[PDB]
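To start, the structure itself, in structure tokens.
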Amino acid sequence: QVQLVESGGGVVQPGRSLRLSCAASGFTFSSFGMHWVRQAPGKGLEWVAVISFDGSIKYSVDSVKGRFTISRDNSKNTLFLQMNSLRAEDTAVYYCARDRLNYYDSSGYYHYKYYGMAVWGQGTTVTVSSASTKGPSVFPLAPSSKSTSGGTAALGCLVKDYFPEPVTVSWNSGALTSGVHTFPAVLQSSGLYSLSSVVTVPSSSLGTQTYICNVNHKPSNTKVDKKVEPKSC
Amino acid sequence: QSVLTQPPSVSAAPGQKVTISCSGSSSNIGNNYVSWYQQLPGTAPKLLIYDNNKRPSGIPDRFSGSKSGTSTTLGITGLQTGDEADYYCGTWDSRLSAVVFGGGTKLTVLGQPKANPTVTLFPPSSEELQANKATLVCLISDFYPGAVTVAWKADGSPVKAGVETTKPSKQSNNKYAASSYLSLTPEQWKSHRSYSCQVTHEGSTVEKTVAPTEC
């Protein structure tokens, strides 16, 4: 029952705005102080801002002052974060969290007792980039002497230059699951993504079987099925 | 730069105990309560400890907290494989007028033997070369612990331009995978005799090679 569900994340260019939501339930949302904490991909937790039970007291990091505006709606049990003038360094997963205790203990503008963030949401992803939506080019990684060892050949597909994430990959419309190594994407200098997916199969099966990778990229409406086979002369 | 200083990584064996330090100043730890947070891979943070040494419901007594002036510690007795996580200490800083976190601490449990990487190097496809691009794909799998260095070469000389390498990522079998890409033009791909992907792991290297004349 006690939880926080977030939404409003997405992909936007530098300078644009985004509104995040955090719907609370299982407790009196109007009693507790609420936080926003963000985490850049593969980085530490950075506290963003905090708002009091009644919205009358707010604090935030210097990084986001004048750009981000924390607010809430107690009649609707929702926390908000109006992010304006977004930069590249704002790219992160944004969590909303609740104080452990409803009552705060201040002794001035600079002093509050830290009781800890007891409840956390699952997060919502914000990706700030100047790259435009693009579908992948799918190229075959053909099997060969250099791909084969001990009667087991490797073959795959190169999913190059797409934006944004994510891309799903399968083999033979899901019929081929054993030996599938789909690697996480690499983010290039151009702002475009690339990833590879490889299947280990018997060398004897190559001539009696056709292997097709099924690359799907929903943001660009790109669905490609690429036949992978040995190269000739 | 963080105000609270944690160690970037720690490690120990299942059954052993380990400590994670968190050092601050009078403006944060010295005059306030500290809380610790566990973040399991691919999940949101969870409150571990509050008010220096208190545990919420559902958190076992293996976890414990200590305080000694400006420093704070998180003790974990009887380690388990499930305790692999990033651990953060946090509090309010009265100078910055802001809630503050430490850099974090990677706890990796000694729960597996050392494993060498399997490397597979693919050359550019004819279809890619026909589109005036060229990408060598080096794929690295089944290595432990999760840390590798990738170096590329062309006729013996190193190449830093065009290299895009990814971080290690945990496979379903608890070993790690990674990949490195080398972007080229068709012209400079054909100009060299051979290219090589050299994957180093625990000081030991595995090399693979491709050439434009091959097929």
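A, B, C, ... go to the sequence lines in the order they are written. Here chain A follows the PDB entry for its numbers: 1-233, in order, are the residues you see. Note that chain B is numbered according to the PDB entry, with residues 1-215 shown in order.
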**Request:** Return the drug name for chains A and B.
**Result:** erenumab
**Message:** Mind checking what the entry calls chain A for me?
**Reply:** erenumab Fab heavy chain, IgG1
**Request:** Provide the name used for chain B in the entry.
**Result:** erenumab Fab light chain, IgG1
